[PDB]
Amino acid sequence: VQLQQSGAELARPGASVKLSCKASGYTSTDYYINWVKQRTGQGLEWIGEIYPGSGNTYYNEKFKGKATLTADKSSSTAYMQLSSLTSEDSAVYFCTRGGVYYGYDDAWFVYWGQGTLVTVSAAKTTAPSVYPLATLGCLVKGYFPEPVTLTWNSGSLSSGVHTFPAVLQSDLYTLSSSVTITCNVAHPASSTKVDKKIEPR
Amino acid sequence: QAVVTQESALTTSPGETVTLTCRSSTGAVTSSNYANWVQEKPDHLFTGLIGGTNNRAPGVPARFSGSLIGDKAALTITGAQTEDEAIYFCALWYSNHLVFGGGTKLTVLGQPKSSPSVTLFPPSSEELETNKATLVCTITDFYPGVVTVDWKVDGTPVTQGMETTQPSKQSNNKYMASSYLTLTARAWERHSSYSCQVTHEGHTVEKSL
Ligand SMILES: COc1ccc2c3c1O[C@H]1C(=O)CC[C@@]4(O)[C@@H](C2)N(C)CC[C@]314
């Protein structure tokens, strides 16, 4: 069995996007597709279930009106329409399937798609402001979208350096790095590459 | 709906036996909840471990076993291996819908415990010239990779303007995280002291300006 999901998606708040999950292998049986949501700062969240052969569905109350599950037997494909998008809809969405000729009391989450990443934002491309920190550091504040790249003294300073993941502050991304003296920040989306050195106070 | 509760994190050593639990907010976990377990390894590698409380899925090692223990469902790993370091999600069926637990991060120990090394940076001059002030709390070299962060202003607990990253692995297989407290320039000048406190393995490491 294989589950092929639709490509990554970027949307503005209030918009709507449609995800798809095509099943392959042993689709002559009627099988369930379970949709799952995982935000970067959260675990798994069950959205709902759909049988593509019989059309039946089970839903999570929280997602009724937010997600709509549909399917078509012959193409062995399930769809999930996401309406009225918000920042809390930014997540990776997985489709899953049970085992072939498995029991109802066997594990339901046997086969997994590769996931569809949905990002909801109103933010325009923004270059990062870069600030010195004084071990010393480098604060990369207020860019969009990801990624940025950071090195120390053109990459000649690597040992003793900690570069932390990005976080979302005020709808833009903020990042930081530290060292046990200059940092080199690159934000390709803004076609930017800034350098800043730590003069002591 | 109902709420399903798991341990946030658990620790085991190679060869030990560890039990993960999965509780229901509605009452005892019944066989009619048909408890499932899912293992998440890095890079979104998911494996369905358990169905129907205790039916281990084809291909899953025998050291994994599900069961009911008291009023809750449980997953027992008898003879834990290194590859069993993962996040374990349980899920319960309530007649017409499914609910995931919050997940349990299972660390299989491979190095001694290490307390967080903490550094706290003030806002730069150049940031204050935008009338903004960001306080950067860097947290490094802690193991296991599970921490709580709390900030203070002049001793009082802060409740707004905090962003913290998920703990991420270092090259030495220890962990690192960062926390940011975002203020206005005036608000930072109002107060005498600011502090970042990291909680790890039942102990707090704190730094103050
Ligand atoms: C005791 O049987 C069952 C208990 C729980 C569930 C199911 C059961 O049988 C199936 C059924 O009737 C419709 C609902 C559902 O599709 C669903 C949840 N998925 C995930 C698995 C298969 C099935």
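Just so it is clear: chains get the letters A, B, ... in the order the sequence lines come, proteins before strands, and each one is counted from 1. Just so it is clear, the values below take in all heavy atoms, side chains as well, and ignore hydrogens, waters and symmetry mates. Every number for a ligand or one of its atoms is a count from 1 in the order of the listing.
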Handout entry: Main partner chain, ligand 1, name from the PDB entry
Key = HY2-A12 Fab Heavy Chain
Problem - acetohexamide, oxycodone, propentofylline, fluvoxamine - which at ligand 1 - result: oxycodone
Exercise for the section: Tell me which other chains have a heavy atom under 4.0 Å from oxycodone. Expected result: A, B
Exercise for the section: Show which residues surround oxycodone within 4.0 Å on heavy-atom distance. Expected result: A:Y32, A:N34, A:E49, A:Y51, A:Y58, A:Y104, A:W108, B:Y34, B:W93
Exercise for the section: Indicate yes or no: does an N/O atom of A:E49 lie under 3.5 Å from an N/O atom of oxycodone? Expected result: yes
Problem - Nearest-neighbour protein heavy atom for atom 22 (C) of oxycodone, which is reported as residue plus atom name and distance - result: A:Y32 CE2, 3.7 Å
Practice task
For atom 7 (C) of oxycodone, state whether the nearest protein heavy atom is under 4.0 Å away.
Solution key: no
Problem - atom 3 (C) of oxycodone: the protein heavy-atom neighbour that sits closest, reported with distance to 0.1 Å - result: A:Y104 CD1, 4.3 Å
Handout entry: A:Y51-oxycodone polar pair, N/O distance under 3.5 Å
Key = yes
Exercise for the section: Write down the PDB name of chain B. Expected result: HY2-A12 Fab Light Chain
Practice task
Write out the residue and atom name of the closest protein heavy atom to atom 12 (O) of oxycodone, then the distance separating them to 0.1 Å.
Solution key: A:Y58 OH, 4.4 Å
Handout entry: Residue and atom name of the nearest protein heavy atom (relative to atom 4 (C) of oxycodone), distance in Å to one decimal
Key = B:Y34 CD1, 3.8 Å
May I have the N/O to N/O pairs between oxycodone and the protein that fall below 3.5 Å, each with atom names and distance to one decimal?
unit_1    : atom_1 : unit_2 : atom_2 : d
oxycodone : 16 (O) : A:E49  : OE1    : 2.5
oxycodone : 16 (O) : A:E49  : OE2    : 3.0
oxycodone : 16 (O) : A:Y51  : OH     : 2.7
oxycodone : 19 (N) : A:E49  : OE2    : 2.8

